[PDB]
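Drug on board: CH5183284.
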Amino acid sequence: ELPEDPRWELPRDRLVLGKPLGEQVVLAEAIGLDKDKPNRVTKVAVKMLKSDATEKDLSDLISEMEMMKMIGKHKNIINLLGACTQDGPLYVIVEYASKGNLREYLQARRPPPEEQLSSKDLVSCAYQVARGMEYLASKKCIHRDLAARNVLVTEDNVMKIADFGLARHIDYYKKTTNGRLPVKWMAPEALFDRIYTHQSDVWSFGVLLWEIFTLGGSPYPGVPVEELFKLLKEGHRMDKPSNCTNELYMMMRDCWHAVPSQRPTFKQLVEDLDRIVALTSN
Ligand SMILES: Cc1nc2ccc(-n3ncc(C(=O)c4cc5ccccc5[nH]4)c3N)cc2[nH]1
């Protein structure tokens, strides 16, 4: 019983549903998504409700779609493409990232495609994520769960921020699909005082920087929740990755400032990474 929005509405028959992607998201083919090109197909990602869908789970999908409509377009985020709101279940149509999440993408390219990423490719990857986040921050949006698992990669190797429109009950002991604790990406003030800001997202970006330069490495391996809490209270910080400059590790450390006001902004991280990209050899 959703109202139609002709800005985004795609007839249900223009969407050829395919294989599942996300754990609910499916790969699909959209015919004539762009009005100027009606005889062309576009590979898209389709988000829809599960069988045991709650009325809150439905309201959250609507909120996510309405949020995506307002945020606007940027090259380094997953963009809204359309929606099927009439005569059936709600479908939210977004951009498809063929190469999947950043963590796997980096893991697949570790030394023994599988083609080794150069140091310029690594600094460029961080620059694109910083650019996506800078855009979201300018739109007054706080991610709250920034990590390489939530950075998706396109066929053209473009980094796009994903799952930024989430409406948030947080289980600290719950592990991800690969057995990792999300609390390892949380700023201490967000973790202990539940204070989520653009500054707490910058902290998460520091952990993401560490993920990039370890090629999908797991932060704090073998550290349980209770022991992580102790490390943070003591002011413990992760070690410099192997194959990481002192400048880029200083950047990580700045992102992890105990005082949120003293951390760099995404605007500053974009300018610094723009300069480092130009001075890094491929
Ligand atoms: C704010 C927001 N709403 C969203 C709604 C859905 C998605 N979303 N979820 C998955 C995907 C893929 O492209 C995708 C998954 C996958 C797995 C293996 C190989 C290739 C792949 N591509 C996507 N775009 C991100 C969203 N961000």
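We number chain A the same way the PDB entry does; the residues here are 464-486, 491-579, 591-646, 650-763, in that order. All heavy atoms count here, side chains included; hydrogens, waters and symmetry mates do not. We count ligands from 1, going down the list as the structure has it; atoms in each ligand are counted the same way.
Within 4.5 Å of CH5183284, most heavy-atom pairs belong to the chain that the PDB entry identifies as Fibroblast growth factor receptor 1. At a 4.0 Å heavy-atom cut-off, CH5183284 touches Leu630 through the side chain alone. Within the listing of CH5183284, atoms 13 (O), 24 (N) sit less than 4.0 angstrom from a heavy atom of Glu562.
The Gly643 neighbourhood of CH5183284 comprises atoms 1 (C), with distances under 4.0 Å to a heavy atom of that residue.
Within the 4.0 Å heavy-atom shell around CH5183284 one does not find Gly485. Those atoms of CH5183284 that come under 4.0 Å of a heavy atom in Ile545, given as number and element, are 24 (N), 25 (C), 26 (C), 27 (N). The protein non-hydrogen atom at the shortest distance from atom 4 (C) of CH5183284 is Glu531 OE2, 3.6 Å. Here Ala512 has side-chain heavy atoms under 4.0 Å from CH5183284, and that is the only part of it that gets that close. Of all the atoms in CH5183284, the ones that sit under 4.0 Å from a non-hydrogen atom of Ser565 are 19 (C), 20 (C). For atom 10 (C) of CH5183284, the nearest non-hydrogen atom of the protein is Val492 CG1, 3.9 Å.
Of the residues UniProt marks as active site in chain A, nearest to CH5183284 with least heavy-atom distance to 1 Å is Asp623, 11 Å. Not one N or O of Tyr563 is nearer than 3.5 Å to an N or O of CH5183284, by distance alone.
Heavy-atom proximity to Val561, at under 4.0 Å, picks out these atoms of CH5183284: 5 (C), 6 (C), 7 (C), 24 (N).
The largest share of chain A residues contacting CH5183284 lies in UniProt domain Protein kinase. In terms of N/O distances under 3.5 Å, CH5183284 is approached by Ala564. Nearest non-hydrogen protein atom to atom 15 (C) of CH5183284 is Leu484 CB, 3.7 Å. For CH5183284, the atoms closer than 4.0 angstrom to any heavy atom of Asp641 are 1 (C), 2 (C), 25 (C), 26 (C), 27 (N). When each atom of CH5183284 is checked for a heavy atom of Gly567 under 4.0 Å away, the hits are 19 (C), 20 (C), 21 (C). With a non-hydrogen cut-off of 4.0 Å, the residues around CH5183284 amount to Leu484, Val492, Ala512, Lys514, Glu531, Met535, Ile545, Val561, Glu562, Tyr563, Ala564, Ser565, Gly567, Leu630, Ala640, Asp641, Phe642, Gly643.
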Please tabulate, one line per pair, the protein N or O atoms found under 3.5 Å from any N or O atom of CH5183284, giving the distance to one decimal.
residue, atom, partner, partner atom, Å
CH5183284, 3 (N), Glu531, OE2, 2.9
CH5183284, 13 (O), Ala564, N, 2.9
CH5183284, 22 (N), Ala564, O, 2.7
CH5183284, 24 (N), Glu562, O, 2.9
CH5183284, 27 (N), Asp641, N, 3.0

